Amino acid sequence: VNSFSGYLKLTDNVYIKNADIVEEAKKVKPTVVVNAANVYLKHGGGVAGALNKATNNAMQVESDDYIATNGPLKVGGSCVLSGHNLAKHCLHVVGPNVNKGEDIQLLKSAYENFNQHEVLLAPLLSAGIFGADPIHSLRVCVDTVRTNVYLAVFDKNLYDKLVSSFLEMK
Ligand SMILES: N#C[C@@]1(c2ccc3c(N)ncnn23)O[C@H](CO)[C@@H](O)[C@H]1O
């Protein structure tokens, strides 16, 4: 379990790889894969769509059932559900959607959920269709998470920008 390779070490607990999080999950079968979710766990596109498609919609069926019960998540919150064929657990984490003016302060709350798990395979939160500054999201991740997070960034342009920015932060 958790046999990650090819990651660049940024800090003592944050690693980054240019890779598809679904392919990483299939190769490693991590204890926890993080989903970049919305409050209804509607896994339409991006990371959520990729993860759900890999489960042939089992993640969505499970998610629809959770929401039908406990109601939607809060922005900045999370829930632990099955990892299906990708991982033992999936931590669905809701970062703020700044395309909707959701408070960017909730990005720190979002990353704080990672601290409930020893080791996570995760995407960068609130970027892509959530619209947040991805350098900012990396900075909040590095500043906030206390446990071991392995970040999988599919987009090579974004990956190179993130790594170049991290080298210039310190
Ligand atoms: N890069 C990237 C993305 C993304 C989309 C789809 C995937 C995937 N399959 N694996 C990893 N990353 N990934 O992750 C961030 C999620 O907030 C945004 O920048 C997205 O554009």
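To match the PDB entry, the residue numbers of chain A are left as they are there, and the shown ones run 3-172. Both ligands and their constituent atoms are indexed starting at 1 by order of listing. Method reported for this entry: X-ray crystallography, 1.7 Å.
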S.K.: What drug are we dealing with at ligand 1, do you know?
M.R.: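 Found there: GS-441524.
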S.K.: Which chain is the chief contact partner of GS-441524 here, given by its name in UniProt?
M.R.: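 The chief partner is Papain-like protease nsp3.
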S.K.: Mind pulling out the residues near GS-441524? I'm using a 4.0 Å cut-off on non-hydrogen atoms.
M.R.: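 Non-hydrogen contacts come from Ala21, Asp22, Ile23, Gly48, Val49, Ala52, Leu126, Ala129, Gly130, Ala154, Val155, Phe156, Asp157, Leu160.
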S.K.: For atom 4 (C) of GS-441524, which protein heavy atom lies nearest, and how many Å away is it?
M.R.: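 In this structure, atom 4 (C) of GS-441524 has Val49 CG2, 3.7 Å as its nearest protein heavy atom.
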S.K.: Please write down residue, atom name and distance for the protein heavy atom closest to atom 11 (C) of GS-441524.
M.R.: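 The answer is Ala154 O, 3.3 Å.
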S.K.: If the cut-off is 4.0 Å to any non-hydrogen atom of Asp22, which atoms of GS-441524 fall inside it?
M.R.: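 Heavy-atom distances to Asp22 below 4.0 Å select 8 (C), 9 (N), 10 (N).
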S.K.: Find the UniProt domain of chain A where most residues contacting GS-441524 lie.
M.R.: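 According to UniProt, mainly Macro 1.
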S.K.: For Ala21, counting its heavy atoms only, list the atoms of GS-441524 lying under 4.0 Å from any of them.
M.R.: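 Near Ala21, the atoms of GS-441524 are 10 (N), 11 (C).
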S.K.: To check your reading of the model: name the closest protein heavy atom to atom 10 (N) of GS-441524, its residue, and the distance in Å.
M.R.: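 I find the closest protein heavy atom is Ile23 N, 3.0 Å.
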S.K.: Give me the nearest non-hydrogen protein atom to atom 19 (O) of GS-441524 as residue plus atom name, then the distance to 0.1 Å.
M.R.: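 Ranking protein heavy atoms by distance from atom 19 (O) of GS-441524, first comes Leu160 CD2, 3.3 Å.
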S.K.: Do me a favour and list the nearest non-hydrogen protein atom to atom 12 (N) of GS-441524 with residue, atom name and distance?
M.R.: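 For atom 12 (N) of GS-441524, the nearest protein heavy atom comes out as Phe156 N, 3.3 Å.
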S.K.: Using a strict cut-off of 4.0 Å, indicate which atoms of GS-441524 neighbour a heavy atom of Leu126.
M.R.: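 Answer, ordered by atom number: 15 (C), 16 (C), 17 (O).
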S.K.: Any atoms of GS-441524 less than 4.0 Å from a non-hydrogen atom of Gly130? List them with their elements.
M.R.: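 Once the distances to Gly130 are compared, the set is 18 (C), 19 (O).
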